[PDB]
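Ensitrelvir complexed to 3C-like proteinase nsp5, as determined in this entry.
Chain A is the first sequence line, chain B the second, and so forth, proteins listed ahead of strands; every chain is numbered from 1. As the structure lists them, so they are numbered: ligands from 1, and atoms in each ligand from 1. We read in the header that X-ray crystallography, 2.0 Å was used to get this structure.
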Amino acid sequence: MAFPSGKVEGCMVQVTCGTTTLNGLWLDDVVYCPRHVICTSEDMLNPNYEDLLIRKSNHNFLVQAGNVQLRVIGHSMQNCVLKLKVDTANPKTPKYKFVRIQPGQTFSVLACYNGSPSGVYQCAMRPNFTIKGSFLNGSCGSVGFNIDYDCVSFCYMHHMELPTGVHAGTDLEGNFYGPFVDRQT
Amino acid sequence: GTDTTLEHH
Ligand SMILES: Cn1cnc(Cn2c(=O)nc(Nc3cc4cn(C)nc4cc3Cl)n(Cc3cc(F)c(F)cc3F)c2=O)n1
């Protein structure tokens, strides 16, 4: 059994940088997404993220909530997450907190594609910090959460599928669960 | 020096 997803659906956006696109989480006036978005196809194998960050300006990020483009007015990098400051606060921001979970704990995942919610299901973090999720291409940036009364606890942001078909990602401060790095190897 | 990566919607 997963938690009802309504409170999280209203926070999902699409983030595009050049030709690279994925999902972002829009809370108050900040959009959180995997920093992998600043890679072109050539960069994805061995990215130098500090150097790519320097090359990008605010107007190189295209953030879309449905059909509405949001203006990016600042950007910063925190571990493996990018934080995009936008000029509009999300009117559907629920009460929320960020938390880091442990192996054995379960959470709900809202799988999204190109900024649009697609399905909801429950996962468990395995002892080696991977999860056996149900994720296809385009799902990078999908989030996992629990509901604690009126409060949404965001605990997981999806980054990558590993060669054996399990999945790996970060907490909402950009720190990986497990000994992984955000590169296409 | 400006990034010239083509944007695709
Ligand atoms: C099969 N599967 C299950 N989960 C996933 C998640 N996932 C994803 O959705 N996309 C990825 N790479 C991208 C390719 C792109 C092509 N375009 C045009 N835009 C793209 C954006 C992304 Cl993110 N990847 C791979 C991946 C993503 C990372 F964030 C990372 F750090 C390393 C990686 F190898 C991916 O796993 N796919």
### Query
Which other chains show a non-hydrogen atom at a distance under 4.0 Å from ensitrelvir?
A
### Message
I need the residues around ensitrelvir for a figure - heavy-atom cut-off 4.0 Å, please.
### Response
A:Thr19, A:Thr20, A:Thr21, A:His36, A:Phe135, A:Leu136, A:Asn137, A:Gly138, A:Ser139, A:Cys140, A:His158, A:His159, A:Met160, A:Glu161, A:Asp182, A:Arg183, A:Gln184
### Query
Of all the non-hydrogen atoms in the protein, which one sits nearest to atom 36 (O) of ensitrelvir, and at what distance?
A:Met160 CA, 3.0 Å
### Protein heavy-atom partner closest to atom 25 (C) of ensitrelvir - residue, atom, separation in Å
A:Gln184 OE1, 4.3 Å
### Task
Look at atom 17 (N) of ensitrelvir and say which protein heavy atom is nearest, naming residue and atom and giving the distance to 0.1 Å.
A:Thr19 O, 4.1 Å
### Query
Short list, please: which atoms of ensitrelvir are under 4.0 Å from a heavy atom of A:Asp182?
31 (F)
### Covalent tether of ensitrelvir, if any
none
### Query
Which UniProt domain name applies to the region of chain A with most contacts to ensitrelvir?
Peptidase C30
### Message
Tell me the protein heavy atom at minimum distance from atom 11 (C) of ensitrelvir, and give that distance in Å.
### Response
A:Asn137 ND2, 4.5 Å
### Task
Could you tell me the residue and atom name of the protein heavy atom closest to atom 19 (N) of ensitrelvir, and the distance to it rounded to 0.1 Å?
A:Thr21 N, 3.2 Å
#### Entry: Short N or O distance, A:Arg183 and ensitrelvir, threshold 3.5 Å exclusive
no
### Query
Quick one: does A:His36 get an N or O within less than 3.5 Å of an N or O on ensitrelvir?
no
### Task
Would you mind checking which non-hydrogen protein atom is closest to atom 27 (C) of ensitrelvir, with the distance to 0.1 Å?
A:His159 O, 3.2 Å
### Task
Find all atoms of ensitrelvir within a distance of less than 4.0 Å from any non-hydrogen atom belonging to A:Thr20, and give their numbers and elements.
19 (N), 20 (C), 21 (C)
### Deposit source organism, chain A
Severe acute respiratory syndrome coronavirus 2
### Message
Can you report which non-hydrogen protein atom sits closest to atom 13 (C) of ensitrelvir, along with the distance?
### Response
A:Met44 CE, 4.3 Å
#### Entry: Distance from atom 8 (C) of ensitrelvir to nearest protein heavy atom, with residue and atom
A:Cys140 CB, 3.7 Å
